[PDB]
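Reading through the structure tokens given below for one structure.
Just so we're on the same page: letters track the sequence lines, and every chain starts at 1. Both backbone and side-chain heavy atoms feed into the values below; hydrogens, waters and symmetry mates do not. One-based numbering, in listed order, for ligands and for the atoms of each.
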Amino acid sequence: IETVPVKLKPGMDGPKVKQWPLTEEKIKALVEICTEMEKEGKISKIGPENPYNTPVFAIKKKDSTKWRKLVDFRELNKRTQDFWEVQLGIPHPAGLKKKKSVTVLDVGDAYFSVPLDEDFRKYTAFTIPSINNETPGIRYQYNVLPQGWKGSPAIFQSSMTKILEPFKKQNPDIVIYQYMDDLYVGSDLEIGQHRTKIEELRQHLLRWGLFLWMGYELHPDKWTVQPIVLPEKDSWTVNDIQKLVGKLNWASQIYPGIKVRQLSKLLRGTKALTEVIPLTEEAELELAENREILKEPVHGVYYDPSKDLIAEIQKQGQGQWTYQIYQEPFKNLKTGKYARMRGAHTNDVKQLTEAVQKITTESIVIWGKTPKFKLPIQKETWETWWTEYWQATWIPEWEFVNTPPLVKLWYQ
Amino acid sequence: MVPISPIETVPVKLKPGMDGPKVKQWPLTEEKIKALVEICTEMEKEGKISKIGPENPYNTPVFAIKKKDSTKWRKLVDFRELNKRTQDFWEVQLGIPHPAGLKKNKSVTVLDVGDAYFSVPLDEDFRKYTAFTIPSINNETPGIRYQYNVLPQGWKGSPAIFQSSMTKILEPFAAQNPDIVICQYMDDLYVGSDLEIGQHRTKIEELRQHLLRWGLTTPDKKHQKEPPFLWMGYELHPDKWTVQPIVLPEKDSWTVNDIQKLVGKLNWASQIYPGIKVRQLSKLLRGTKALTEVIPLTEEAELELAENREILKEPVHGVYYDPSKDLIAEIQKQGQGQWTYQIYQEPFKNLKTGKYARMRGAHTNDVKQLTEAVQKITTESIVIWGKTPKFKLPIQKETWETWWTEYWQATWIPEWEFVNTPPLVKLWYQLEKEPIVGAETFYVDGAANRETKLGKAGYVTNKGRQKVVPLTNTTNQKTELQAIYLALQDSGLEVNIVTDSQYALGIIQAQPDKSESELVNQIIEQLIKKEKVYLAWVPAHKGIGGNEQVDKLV
Ligand SMILES: Cc1cc(/C=C/C#N)cc(C)c1Nc1ccnc(Nc2ccc(C#N)cc2)n1
């Protein structure tokens, strides 16, 4: 009932971000949702004296046919005062990633029971546009914590902690983490009661006040990690050897002991690319010494909460994608590889958009924050289509790579 | 008295920190003052303004301007300073409806709402900032001090607050009359519907009855305006629209301005006049801060302009949108990075037309441009009709599949069908994925002396073939490309080329079919002539075979 005062960062004004074009179907969905949210007091129409704006659109989550309103609070978030609650900043649960399984629950609705600081409301303004802008856009602002806003979990934290004590005390080994509108619940108990502990947690939540019906399971215990491997062949052509030296030269930026002298020696002369070259003793030993080196972990690799996480993605073709997460170049903290028949066999962008969400989810579980993406796609193509395939309540940052990375194959 | 609902006022504030205006009222003439005194007395009687005490310390200069020697005078309150100090507003007046997005309405009534503008109260706590003074005759008495009670014309927040106030009132009427449309444009309200002129007049009578509730009267109007309407540069007709007449200027001496002003017209016309080109005419204007420069038209521009006038010969109209029929978009390659498109529902009856120009860059490819044009039409179509149109493109299904499955970037074109109208977009060459058996292997390389700019490019092959060419005014980058070019020129139809140039690979892997660099173009031209080309990369200075930097190090 009482509201916790909020303000932007000293010297910054509220967001003034343009609403992007929405399809007729998304507009209709938003009008219906916002009309209902207005009857419920969650939002209120605003006048022209409010100049701020945050983009809005609509999505359909994991296997449901019901539209969800998603506000793109990325700008408002980086302008919202770092919210240091009475939590001292909950030290990210380094054990969530080790847990056998993890289910992700959408508890954003809970936020709608807490009122928002009146002086801050103006900053959450958004517009439902009209097709061809025939009528003026419907302008609204929030009266309660908005889903997707940084301050929502922070402000509702105190309320959330006491709503779960019965469970946390009843189940001491289950790890529960909260990121934005998501609650990540991890335990080693097999689906049977892991599902029921959630179902128990759902009821427990449904009873303690608060589409919760949805669940999203992950297995961080069996996640995609990636060591560098070299070919094992009985006959090497000149081309095979040139590719190997190129790859080892690349890895030498990651691993110091890598040597190619003995292998490139085999390349002394202008030979036909398809000619088979027998490996010398020295070269074969160098290859063995390099294989061993590649089995040890990368040296001096540590995570740093004060720095951004950077995620690079490469299109490998045939539905496969590789990615690396790091903070320092050549100091990978996590690498992976994807390929699935999930509604995008002829859609490159749908696949990339799905990869972006899995990588972000993985990043939240491991470090408690989202990475900055470097996407192998032209800005105009991505910005035109990503919202058609987005199914998450959060949205990461991204930039575009326009020059083909020579290091593509070395990752697959 | 019939009680009338009041128009809610909008809380206005000055920007943070800033204070109201305090500008010197300038000396006026005896007759102008008498003029202003009259005007202001009358405005006061109507409620628009009110005399204020000497307390208020704010001030905005007022002026007197004669409406071109007519039997009248006009007051001009210069709110420029006050505007610099007024908070920002939600200018809900942005991105106008595009005529092609409108629906047909056989009946369009116009209602005048000039007197409604003042029916809009100015936030009480803000009025004082609008204070102004009519100087006194001979400055022998204190000037008459006034302040606004209504939105002042020329004030920063007037447009926004009026539209928002008018919308809020019309809202309930529009919502309960889903078969009529209303548009605010200047002192008028245009109400359209597609009802029998009978059921339409009733609806207009109802709007007037509804507006009366707020005390707003519209002179009984079948406005001095009837189809076709001149609006936002267009001509809106009952069942069709077009841009207002485009008249291409006739001259022998074209200057910077005349030319770019020729651009704007062509650009405005391109939304309905098919195939318009502006690449050459726009080409000539990069470097013009000076506008009087009598610049010559390259023979290209003259041909383009001739193709322009021709298309402008016949008047062209676009139709309105019918939500029951499909939306289709067709594109054509025009050459020199130019593309044209038409969006329609029925063949030969376009809703609108348009064009696209390649983005500035050194290397490019037709498929990438076709894709960008598709993205642009998609977004514009989402804006105008709330949906993506079905595309008809001059590219074979097979060409597209080969393209996107092999392109290093993710890419996508929405639902589309091939339309066989030359020139077709195609892939000009396709590099090999594996080294070619039996094909000669060329090890190439180049290097240049950074100081002298002297360099060399060349190759050695597995057959012993060799070449080294000395070069002047060159760089490492150019020599690496030259080396690749020599290998291509001197090899048979199938060839394997080994290079250590990350730069050249960066270019070739981007798959360009055209370039600004004549050296990349010569290479592309050679690629097109080959049957098979395998380009392999190796690290430089790693003692890797044939990578003869030495031959070029000289
Ligand atoms: C944008 C707009 C400008 C004017 C006019 C402004 C001015 N001046 C008048 C109206 C009523 C509208 N609004 C809409 C909304 C939907 N369909 C249409 N179709 C439509 C509009 C005009 C004519 C005509 N003639 C025919 C069909 N108009």
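- This structure shows the largest set of contacts to ligand 1 coming from the chain the PDB entry labels Reverse transcriptase/ribonuclease H.
- By its PDB name, the drug at ligand 1 is rilpivirine.
- At a heavy-atom cut-off of 4.0 Å, the other chains in contact with rilpivirine are listed as A, B.
- Those atoms of rilpivirine that come under 4.0 Å of a heavy atom in B:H237, given as number and element, are 23 (C), 24 (C), 25 (N), 26 (C).
- Close contacts of rilpivirine with B:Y320, meaning ligand atoms under 4.0 Å from a residue heavy atom, involve 23 (C), 26 (C), 27 (C).
- Nearest to atom 9 (C) of rilpivirine among the protein's heavy atoms is B:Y190 CB, 3.4 Å.
- If you check which protein heavy atom lies closest to atom 6 (C) of rilpivirine, you get B:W231 CD1, 3.5 Å.
- Within rilpivirine, the atoms closer than 4.0 Å to a non-hydrogen atom of B:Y185 are 7 (C), 8 (N), numbered from 1 in the order shown.
- Among protein heavy atoms, the minimum distance from atom 17 (N) of rilpivirine is reached at B:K103 N, 3.1 Å.
- Of all protein heavy atoms, the one closest to atom 28 (N) of rilpivirine is B:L102 CD2, 3.9 Å.
- For B:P238, the heavy-atom gap to rilpivirine drops under 4.0 angstrom.
- Comparing B:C183, B:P97, B:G101 against atom 13 (N) of rilpivirine, the shortest heavy-atom distance belongs to B:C183.
- As modeled, no covalent bond connects rilpivirine with a chain.
- Checking the PDB entry, one finds chain A called p51 RT.
- When each atom of rilpivirine is checked for a heavy atom of B:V181 under 4.0 Å away, the hits are 11 (C), 14 (C), 15 (C), 16 (C).
- Listed by number with element, the atoms of rilpivirine under 4.0 Å from a non-hydrogen atom of B:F229 are 7 (C), 8 (N), 24 (C), 25 (N).
- Interface of A:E134 with rilpivirine, defined as ligand atoms under 4.0 Å from a residue heavy atom, comprises 15 (C), 16 (C).
- Near rilpivirine, within 4.0 Å on a heavy-atom basis, the structure shows A:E134, B:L102, B:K103, B:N105, B:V181, B:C183, B:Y185, B:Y190, B:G192, B:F229, B:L230, B:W231, B:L236, B:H237, B:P238, B:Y320.
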Between rilpivirine and the protein, give all atom pairs where both partners are nitrogen or oxygen and the distance is under 3.5 Å, as lines of names plus distance to 0.1 Å.
unit_1: rilpivirine; atom_1: 8 (N); unit_2: B:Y190; atom_2: OH; d: 3.4
unit_1: rilpivirine; atom_1: 17 (N); unit_2: B:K103; atom_2: N; d: 3.1
unit_1: rilpivirine; atom_1: 17 (N); unit_2: B:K103; atom_2: O; d: 3.3
unit_1: rilpivirine; atom_1: 17 (N); unit_2: B:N105; atom_2: OD1; d: 3.4
unit_1: rilpivirine; atom_1: 19 (N); unit_2: B:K103; atom_2: O; d: 2.5
unit_1: rilpivirine; atom_1: 19 (N); unit_2: B:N105; atom_2: OD1; d: 3.1
unit_1: rilpivirine; atom_1: 25 (N); unit_2: B:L236; atom_2: O; d: 3.1
unit_1: rilpivirine; atom_1: 25 (N); unit_2: B:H237; atom_2: O; d: 3.4

